[PDB]
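Shown here: paromomycin bound to Aac(3)-IIIb protein.
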Number of protein chains: 2
Amino acid sequence: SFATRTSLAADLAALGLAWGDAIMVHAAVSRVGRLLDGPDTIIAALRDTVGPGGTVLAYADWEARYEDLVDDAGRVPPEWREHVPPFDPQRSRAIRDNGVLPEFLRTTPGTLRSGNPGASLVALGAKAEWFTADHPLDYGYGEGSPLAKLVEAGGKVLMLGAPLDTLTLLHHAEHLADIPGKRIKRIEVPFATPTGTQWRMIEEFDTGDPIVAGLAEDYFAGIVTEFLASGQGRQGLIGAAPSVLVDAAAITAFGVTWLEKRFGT
Amino acid sequence: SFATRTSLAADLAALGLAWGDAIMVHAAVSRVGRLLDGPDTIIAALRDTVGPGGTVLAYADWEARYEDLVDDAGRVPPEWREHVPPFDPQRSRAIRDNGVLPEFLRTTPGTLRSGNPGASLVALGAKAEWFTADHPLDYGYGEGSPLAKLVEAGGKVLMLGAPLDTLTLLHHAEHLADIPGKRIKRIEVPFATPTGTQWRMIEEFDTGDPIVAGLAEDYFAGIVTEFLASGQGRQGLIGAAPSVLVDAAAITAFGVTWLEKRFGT
Ligand SMILES: NC[C@@H]1O[C@H](O[C@H]2[C@@H](O)[C@H](O[C@@H]3[C@@H](O)[C@H](N)C[C@H](N)[C@H]3O[C@H]3O[C@H](CO)[C@@H](O)[C@H](O)[C@H]3N)O[C@@H]2CO)[C@H](N)[C@@H](O)[C@@H]1O
Ligand SMILES: NC[C@@H]1O[C@H](O[C@H]2[C@@H](O)[C@H](O[C@@H]3[C@@H](O)[C@H](N)C[C@H](N)[C@H]3O[C@H]3O[C@H](CO)[C@@H](O)[C@H](O)[C@H]3N)O[C@@H]2CO)[C@H](N)[C@@H](O)[C@@H]1O
């Protein structure tokens, strides 16, 4: 009745997760079933499967509800500046819009968190320092980003019962896609430094909506479904959760080509 | 529209929380209102109000769902032993049955957590080491426990919009109450040691139900209401949350006397 650390690791191996993999996980912890240790069983099983040479990653983002108050150029009105909690990669909470597992991973001892607040990833394992180092603050879903390093390292992405449109890596595909009409987001962000709070503008392609017009809000799920329909990736149960496992470089290139075929030239 | 770290600290001062206090908080974060930093705003405001000489505490307990499998003497059947995650005071999650604030406090850098799993408290501040040191593993709600040290240190308890029957300190009153028919709980618990997992039986008065028969499940709230009705404690809003602040020694002695008057001799 209880899914365990041992049984989940067996399900992960049967799905294709391998010793030494860098694995990025999107989880719906409720769908996994009754767990003896809650979400930490999932983290433990992932670490056991990849071993000390692997790395476990998740999309952390940043719990910053102050974006309801910015004006027209993305900056904070001066009566609110001293009240917005600044971003600390070691202390700021991961966003919980898509489950508690990122925050659970972030607070696991040894986990590192990258410096771009909205695009931050958490990494736990062999390559955690490299995955989270020198995150570019502008266009943090593109070159030199942790999502680009996951593709370069030959990483994988696991949708552990999570909706397929929550696959963060496809934002890296939107960034790379050579198409016109790509939407942009600008916002001012507070950073915590050893000398006090310092502000900075952030520019990036808007990941709060489809990269261009004419796309449904959940169009990432259709891209994943077509990817699986083409015979790529792997499906199977992780505990009680229907899960999907895909290669990071493959799904990224598939996402770029999916966009460059319907738009641009 | 946004309750802030500054405005919450002002509400806490108006309620009676003082510089240097050791404060134990039970919070219903939803009732506080819209917060710029989520639960961490509450933790920050409490720390600002008590200053570096104060201490912030919460009831952590332990997320251990394995108690559905124990037999008659409280022990784990041998086919489940290696699957139960052992208790690590630095890694085990705080229970989330009564809100996320204990876990948020537990994962705040510098917070310490005591050694008795089911009765564990988290403490952040000047006296954190003393509050969490040498927690007796048997009858962890009594002598030498963190709840006893809060009374001895002249601490306070803040019900920040939380239901009044979640006041953990009244379990210390149940332990001290010289009354007959007090119910007992025994359970086997796994501990993580530098040499591997070690098991141990735990005995204590059962805090999963009223200490004796004839009491409603929520009878702590009536004790708090009578305490406030007698002109003790303080009421007021913390943000949008109706809150109660009480002296730890006073509410403990009131709880003991409440029990010794209706039962025993
Ligand atoms: N979706 C409509 C847009 O939502 C924007 O706000 C959105 C963003 O703040 C945020 O979008 C995040 C994004 O920040 C983050 N960097 C990437 C992440 N995939 C997005 O996630 C969002 O979109 C996905 C897919 O629909 C959902 O699964 C997720 O729950 C949703 N929050 O979530 C909000 C809800 O979508 C703005 N209100 C405006 O541009 C517009 O209303
Ligand atoms: N309440 C009935 C009892 O619940 C027991 O299980 C209970 C315990 O495991 C646990 O009780 C915890 C206790 O562990 C912990 N050390 C102290 C804490 N105050 C209690 O909390 C419990 O009681 C309070 C008041 O009703 C509730 O506010 C709280 O949500 C509830 N979980 O919560 C469970 C639900 O009450 C057993 N099932 C059995 O003895 C009996 O069914």
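The sequence lines are lettered as chains in the order written, beginning with A. Using the numbering of the PDB entry, the residues shown for chain A are 7-271, in order. Numbers in chain B come straight from the PDB entry, and the residues shown are 7-271, in order. As the structure lists them, so they are numbered: ligands from 1, and atoms in each ligand from 1. Header entry for method reads X-ray crystallography, 2.2 Å.
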Heavy-atom contacts under 4.0 Å with paromomycin (ligand 2), by chain: B
Please could you name the atoms of paromomycin (ligand 2) that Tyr65(B) approaches to less than 4.0 Å, counting only its heavy atoms? 15 (C), 16 (N), 17 (C)
Taking 4.0 Å as the limit for heavy-atom contacts, which would you say applies to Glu73(B) with paromomycin (ligand 2): side chain only, backbone only, both, or neither? neither
Short list, please: which atoms of paromomycin (ligand 2) are under 4.0 Å from a heavy atom of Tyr147(B)? 16 (N)
Identity and separation of the nearest protein heavy atom to atom 24 (C) of paromomycin (ligand 2): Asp171(B) O, 4.6 Å
Flag atom 26 (O) of paromomycin (ligand 2) as yes if some protein heavy-atom distance to it falls below 4.0 Å, otherwise no. yes
Nearest to atom 1 (N) of paromomycin (ligand 2), what protein heavy atom do you find, and at what distance? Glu223(B) OE2, 2.2 Å
Nearest-contact summary for atom 19 (N) of paromomycin (ligand 2) - protein heavy atom, Å: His177(B) NE2, 3.0 Å
Does atom 34 (C) of paromomycin (ligand 2) have any protein heavy atom closer than 4.0 Å? no
How far is atom 12 (C) of paromomycin (ligand 2) from its nearest protein heavy atom, and which residue and atom name does that atom have? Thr213(B) O, 3.9 Å
Give me the nearest non-hydrogen protein atom to atom 5 (C) of paromomycin (ligand 2) as residue plus atom name, then the distance to 0.1 Å. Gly214(B) O, 3.9 Å
Please could you name the atoms of paromomycin (ligand 2) that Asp215(B) approaches to less than 4.0 Å, counting only its heavy atoms? 1 (N), 2 (C), 3 (C), 41 (C)
Any protein heavy atom sitting closer than 4.0 Å to atom 22 (C) of paromomycin (ligand 2)? no
With a 4.0 Å cut-off, strictly under, does atom 41 (C) of paromomycin (ligand 2) pick up any protein heavy atom? yes
For atom 15 (C) of paromomycin (ligand 2), state whether the nearest protein heavy atom is under 4.0 Å away. yes
As an exercise, identify every atom of paromomycin (ligand 2) less than 4.0 angstrom from a heavy atom of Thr172(B). 28 (O)
Proximal candidate to atom 30 (O) of paromomycin (ligand 2) [heavy atom criterion; set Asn104(B), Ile101(B), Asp103(B)]: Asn104(B)
Any idea which residues from other chains are within 4.0 Å of paromomycin (ligand 2), non-hydrogen atoms only? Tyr65(B), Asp67(B), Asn104(B), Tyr147(B), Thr172(B), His177(B), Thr213(B), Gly214(B), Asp215(B), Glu223(B)
In a simple table, one pair per line, please give the protein and paromomycin (ligand 2) atom names for every N or O pair closer than 3.5 Å, along with the distance.
| residue | atom | partner | partner atom | Å |
| --- | --- | --- | --- | --- |
| paromomycin (ligand 2) | 1 (N) | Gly214(B) | O | 3.1 |
| paromomycin (ligand 2) | 1 (N) | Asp215(B) | OD1 | 3.0 |
| paromomycin (ligand 2) | 1 (N) | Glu223(B) | OE2 | 2.2 |
| paromomycin (ligand 2) | 16 (N) | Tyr65(B) | OH | 2.8 |
| paromomycin (ligand 2) | 16 (N) | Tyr147(B) | OH | 2.9 |
| paromomycin (ligand 2) | 16 (N) | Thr213(B) | OG1 | 2.8 |
| paromomycin (ligand 2) | 19 (N) | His177(B) | NE2 | 3.0 |
| paromomycin (ligand 2) | 30 (O) | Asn104(B) | OD1 | 3.4 |

